[PDB]
Each structure stands twice: as structure tokens, then as C-alpha cells.
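Structure follows of 1-deoxygalactonojirimycin associated with galactocerebrosidase.
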Amino acid sequence: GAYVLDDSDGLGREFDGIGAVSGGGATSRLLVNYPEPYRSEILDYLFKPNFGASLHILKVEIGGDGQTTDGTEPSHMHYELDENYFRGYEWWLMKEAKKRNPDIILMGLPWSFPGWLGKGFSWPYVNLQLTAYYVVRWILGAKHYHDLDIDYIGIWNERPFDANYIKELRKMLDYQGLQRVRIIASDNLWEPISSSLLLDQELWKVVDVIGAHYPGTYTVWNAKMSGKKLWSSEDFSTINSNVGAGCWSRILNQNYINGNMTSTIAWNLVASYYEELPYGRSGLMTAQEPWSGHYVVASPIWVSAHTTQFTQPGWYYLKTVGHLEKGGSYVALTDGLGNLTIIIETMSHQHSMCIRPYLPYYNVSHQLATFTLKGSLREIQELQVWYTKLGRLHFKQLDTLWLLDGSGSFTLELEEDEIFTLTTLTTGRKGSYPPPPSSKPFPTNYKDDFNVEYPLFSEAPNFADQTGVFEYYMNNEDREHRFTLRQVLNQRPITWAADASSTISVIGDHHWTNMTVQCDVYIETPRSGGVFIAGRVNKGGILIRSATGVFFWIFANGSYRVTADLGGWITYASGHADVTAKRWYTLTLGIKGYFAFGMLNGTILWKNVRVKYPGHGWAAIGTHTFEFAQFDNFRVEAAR
Ligand SMILES: *[C@@H]1O[C@H](CO)[C@@H](O[C@@H]2O[C@H](CO)[C@@H](O)[C@H](O)[C@H]2NC(C)=O)[C@H](O)[C@H]1NC(C)=O
Ligand SMILES: *[C@@H]1O[C@H](CO)[C@@H](O[C@@H]2O[C@H](CO)[C@@H](O)[C@H](O)[C@H]2NC(C)=O)[C@H](O)[C@H]1NC(C)=O
Ligand SMILES: *[C@@H]1O[C@H](CO)[C@@H](O[C@@H]2O[C@H](CO)[C@@H](O)[C@H](O)[C@H]2NC(C)=O)[C@H](O)[C@H]1NC(C)=O
Ligand SMILES: *[C@@H]1O[C@H](CO)[C@@H](O)[C@H](O)[C@H]1NC(C)=O
Ligand SMILES: OC[C@H]1NC[C@H](O)[C@@H](O)[C@H]1O
Ligand SMILES: [Ca+2]
């Protein structure tokens, strides 16, 4: 029937913005080595105002050297007394976002922590001041080295919080002159953080926002009672097809309507990680081919636009929002300056399923909606119209709708899976760049000598660490190996995921079946040290311990092994080898069909060793444990 949109009796909650997550883990990994102009174009679709997704909020992982879903991300403090604010790519990403949108909101949250913070235990709450010290340094560094103001700081992603830690974090922030930084907790469930705020006055005072993960558009009573801002601080996480776009469309509206949540943040920002890693293509768009330059501006980009391009942090929701009688919902916002945005969604059940949670079936059918602008909204002679149809027309602008009647009323015919945005704002724009190059597989012949003296990023391109951390390394005394790739962790992190017991970095095409991998390796630890190269590595990320394939190990005690698994439980071959520490060797591993061979300095070590087939996966390098080791002159030839 009719839906009243009124101002006169007051407003709803302040709108805080829409955002996305870069990190948890290494989700932006393959974006950094995109050639220009494509890399810059992708960033525009994400962050440029009145263009693409036009995001209000960017949330990033504070790397802790641990595996955090699709890879590891480097910490600013690998060891005690170590400080480096130029590792990884989150600094760069934040700067790129701020250049396009100076008003963008920045958040930081740790998934994992370096092992040395635990002081013997794998626990970040052993020394509260130390862990807070670590986190605050990251915030200080963002300002001092990159001119970044971090707006919000979290606790420990989907992990228990410590009330004394949060209080210490607040005290530490203030002590370092960061009074303006706000705290969000606890990036998990609504409980126990919500009840803890009601029971503890001192905890209530230091927490600014309650952020919950995948709330299914609902909150809980204690959260409402707190009087705190409530955010869906992580949501979405669905493959960016039309379905995922429908999911994203529905929850953007109904998170506030059903749960009073004034912000929603998607995991993840962009799918710049190998698709065969966990939750592949679960970003707002896709950019997983830096070698070709191909990127896909997926449907969720324009779903975001329907809200972001016509709302800003600081607008207020109207009291008058709700569901449509025949399915779907509507929200309305104002800036308090006479502008009005109305967002309408009619996502069907079959085309809006999220992975978390899965809604019981609900009906959606054709309907008419009549809207009447009461209060100070009674005015507004014209409204711009933007339309999207999923399943396929995206963010197309329709003809201005006029209210010269005086009734302050208008009517729409709605159908399944549609978005309408009705706004007084005239700045809307479907941004566009020419189509990027076509999809191409990872180069069947590939090499890297790691010879870069002033690298822009701390790690060689396309190498996605899945346990441990690999960096560019300059050794000035050695001439033949002055520039190498080095694994730099010397102890297991305070882990978020189940990191492997061995370090590993994967690269290439997961489809590869027959391949030849070569690399120069260097074992830094006497007697006990070990390294490997591998092919047909089929699992990574959160499942990195599950990785099977063909692994060629050599050890400083004068031995080698060939295993079917990263964990080394299953032996293909083993024996002795002329191998010691602090010496450069060239490993070659060849795999074809049922058989594999291995070479040491160009000489056959083992041949015709039967391996399981069929099987496919990436190539990789790594170390036996968390130990220093160097790699150089990497090459791979493969058949897909
Ligand atoms: C949170 O939002 C809910 C809406 O789901 C508010 O609860 C009531 O919602 C019904 C219809 O959904 C309205 O008729 C009531 O007027 C709402 N309550 C009140 C007190 O107005 C709830 O109030 C909101 N909580 C806040 C804003 O703290
Ligand atoms: C709706 O659009 C914008 C909201 O920011 C307003 O336009 C700005 O208004 C301020 C003062 O009100 C000026 O200083 C800016 O130069 C304006 N910018 C632009 C791009 O116009 C506008 O006033 C709002 N209200 C209406 C009725 O349009
Ligand atoms: C990888 O190597 C295997 C083994 O050499 C290939 O499988 C053979 O394919 C030929 C056809 O060209 C058959 O005649 C053989 O009988 C197959 N051998 C086995 C053991 O199946 C396979 O085609 C190669 N794959 C790629 C992508 O190069
Ligand atoms: C859904 O609603 C439509 C319209 O009222 C009705 O025709 C249809 O039978 C319903 N189907 C289900 C499964 O509820
Ligand atoms: O859905 C998975 C997704 N959500 C949970 C974690 O916070 C993320 O890193 C990621 O694993
Ligand atoms: Ca080199």
C-alpha cells in the first residue's frame, strides 16, 4: 500500500558508512603487481567518489606474520626490537584510498601476532602492555611514515577479548596522544561483549563501537541496551556472482532495519588471490591476474554504488524504514540539508543466499509501492532515479521522477531482484574504463632472479606466502647472490589459523599437472636446517596443513626426502645427499604423469619415482621449520 516517509517526529540513527576488508588474509596479494593503468583503474572502481563502489570505509588487517585465510601478511615487528613500516601492501592500499577519497574511514584489526609477543606461550594476553605497545606502534607508524590517520582499532579478530587489555589499549592510545582513535569490539559474536559493557562501567567508557560478524541482519537486546553504535564489522564473504550481489544488496538495507546496524563491512575488498584458495572470488570485484591485467567489475560493485554514491557518513536514517508487504525492504536517509536518498531492494530468496547464515525460504512477488513525503520532506519537486536488475542490467540511470502534484507522493512497480535508488543528489555516475585484457592462464614459462635493489614492495610478485614470510633480501658481500628471496620468521606466530609446521609460498597456476621447478636454495641453520621445492600443491590458506603434492626436501645433515604432503607423513623417496648448511645448491624437480625426478646441481639424485596421478596444483618453495633460508633464480616450466 502506502509507505510514509517522515521527518517531523525525528530521525533514526546516524549512518556510519559502508566499507570492505583488505586482509584476513592476503586478499589484496595479487593486486600490487598489476601493470598500469589497470591497477589504478581498479582502485578507482573501489575508492573514487561518484564513480564505482565509492567506499566510505577501508578496513585492513594488521599483519602478524600468521596465516589468516588466503595467506600470511607481514608484521611491522617480526622480532623484538624490530620495526619496519614498509612491509606488505596495506600501507600502500590505504594511501591509494586516501588519495581518491580524503574523507575515507580507516580501520585496523589484528588476526595473528608475532610469536615473541607471547613470551613462551601462544597467547597475546600474557603481557597486556606489550601487546598494546605492539598495536599502538602500528597506529603511530601509519601517521609518521604514511600520513595516515587510523580511525578505529579492533581487538583480536573472531578470538576472545580481554577486558583488561581493552582498558590498557585505551590508556596506551591516550598516552601516545591518540585520544581521537576509537575502539571497536570484539569482532566476534554479540556476546560476551554486549553483556560485559552492561556489567562494567569502565569497559563501557572505553569501547566506542560494538562490531559483530555475520549477524544475519539481527542484533541482540543487550547490544541495543548499551546505547553503542552497532556495526556488522564483517559480512558478505560470498562469491561475487549475481547471487552474492543479491546477498550484499539485501543485507545493506536490512542490517539497519532488522538490527539497528549503522554500518556494514564486506569481506573482502577485492579478490586478488588465487581462486583455488579458500573462499575464492569472494570480493566486491575480481582482480586475480596481474600477469594479464584482466579484472572483472563484478555485480557487487554497483550494488554498493546504490548506497555509497548517494549517502555519506554523518547522514541520518529516517525513523520510517521497513519491509515491503510482498517482500523486500526500503531505507531512507537525509543529510539534514534537504537532501533525501531512498534505497529499495526486492531480492528473492534464490538469488540472495549468503553463506552465513542461510535464510529459511521467504516469498517475493510483483507489487506496487506508494511513497508519501511528510514533514519537511514535503517539498522536493524532483528525484533522480537509479536502477539495477540482477540475473542483467546494472546501475543504469532512469528519467527523473517529478512530484509537481503537491501530494508529495509517487508510485513504483517492483519485481523480484531489483534495486532502486531515489535521491535528490545529482552527482551519481556509473564510472567506466575501457575493457581490460582477456583472461589468460599463469605464464607456462616463468622466471624470477629477484634482482631488485630498490623494490617498491617487500616481496617478489605472485609469491603468496601460506606459512612464514618471504622478503626481498640484499646480501652485499656475496656477489653471485646479492639479491635473493628470504624467509624471515624464526618462530611460530601467535596463530589465528592452523599454520603449517613448515613455511611455504605458492605461485603459478593451480591447474598445472606436468611441471619442472628449479630454484637455488641456501640453508642458514647448521645441522638441523632444511628447505624444499614443490609442485602439484593443491591446498593453501586456511587449509595449508592439508596440502598434498610432490615435495623435494634437502637437509643440512646430509639427507633428502620426497613426500606427498607438506606435513611429510607420506614418503615417495628418501636417501643421503651431499648437502650442508651455508652453501648454495640448485634444486630441480620434474613431475610428469605418474613419475617424478629430482636434480641436485644438475645431477640426478632420484628418477622415475612414482607419484600419485592424476593431480594438479601450484609450485612452491619453503623451509622445514620457522628458520632463515634464502632462495634465488627461481624458474618453472609447466603444462596445464
Ligand atoms: C532498532 O530498530 C527497531 C526496528 O526493527 C526499533 O524497534 C521498533 O520497530 C517497530 C517496527 O519495526 C517500530 O514500530 C517501533 O517504533 C520501534 N521502536 C521504537 C522504540 O521506536 C528499535 O526502536 C530500534 N532501536 C534503537 C533505535 O535503539
Ligand atoms: C544537498 O547536496 C549537498 C550536500 O553536501 C549540498 O551542496 C553543498 O552545500 C554547501 C552548503 O550547504 C555548499 O557549501 C557546497 O558548495 C555545496 N556543494 C555542492 C556540490 O553543491 C546541498 O546544499 C544539499 N542540499 C540541497 C537542497 O541540494
Ligand atoms: C602430463 O603427462 C601425462 C603423462 O605423460 C600425459 O598423459 C598422457 O597423454 C598421452 C596423450 O598425449 C597418452 O597417450 C598417455 O597414455 C598419457 N599417459 C598417462 C600416464 O596418462 C598428460 O596428457 C600430460 N598433461 C599435460 C597437460 O601435459
Ligand atoms: C508465493 O507468493 C505468491 C503470490 O502470493 C503465490 O502465488 C505463490 O504460490 C507463493 N509461493 C510460495 C512457495 O509461498
Ligand atoms: O568467511 C571467512 C572470512 N570470515 C572470517 C575471517 O574473519 C576472515 O578472515 C575470513 O576467513
Ligand atoms: Ca638474484
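Following the PDB entry, chain A shows residues 25-415, 420-668, kept in their order. Both counts, for ligands and for their atoms, begin at 1 and track the order of listing. As a basis for the values below, the full set of heavy atoms in this structure was taken, side chains included, without hydrogen atoms, waters or symmetry mates.
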Handout entry: Chains or ligands belonging to 1-deoxygalactonojirimycin
Key = ligand 5
Practice task
Could you list the atoms of 1-deoxygalactonojirimycin found under 4.0 angstrom from a heavy atom of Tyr238?
Solution key: 1 (O), 3 (C), 4 (N)
Problem - For 1-deoxygalactonojirimycin, the portion of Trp524 having any non-hydrogen atom under 4.0 Å away - result: side chain
Problem - Ligand-residue contact atoms, 1-deoxygalactonojirimycin with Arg380, heavy atoms, under 4.0 Å - result: 1 (O)
Exercise for the section: Do me a favour and list the nearest non-hydrogen protein atom to atom 1 (O) of 1-deoxygalactonojirimycin with residue, atom name and distance? Expected result: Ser261 OG, 2.8 Å
Handout entry: Residue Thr93 vicinity, atoms of 1-deoxygalactonojirimycin by number, heavy atom under 4.0 Å
Key = 8 (C), 9 (O), 10 (C), 11 (O)
Problem - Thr92: numbered 1-deoxygalactonojirimycin atoms lying under 4.0 Å from its heavy atoms - result: 9 (O)
Practice task
Enumerate the atoms of 1-deoxygalactonojirimycin whose separation from the nearest heavy atom of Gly48 is less than 4.0 angstrom.
Solution key: 8 (C), 9 (O), 10 (C)
Exercise for the section: Answer side chain, backbone, both or neither: which part of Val45 comes under 4.0 Å from 1-deoxygalactonojirimycin, heavy atoms only. Expected result: neither
Problem - Protein heavy-atom partner closest to atom 4 (N) of 1-deoxygalactonojirimycin - residue, atom, separation in Å - result: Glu258 OE2, 2.6 Å
Problem - Heavy-atom contacts under 4.0 Å between 1-deoxygalactonojirimycin and UniProt substrate-binding residues of chain A - result: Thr93, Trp135, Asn181, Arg380
Practice task
Pick out the nearest UniProt active-site residue of chain A relative to 1-deoxygalactonojirimycin and quote the non-hydrogen distance to 1 Å.
Solution key: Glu258, 3 Å
Exercise for the section: Define the binding site of 1-deoxygalactonojirimycin with a non-hydrogen cut-off of 4.0 Å. Expected result: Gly48, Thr92, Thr93, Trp135, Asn181, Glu182, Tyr238, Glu258, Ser261, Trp291, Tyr303, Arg380, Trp524
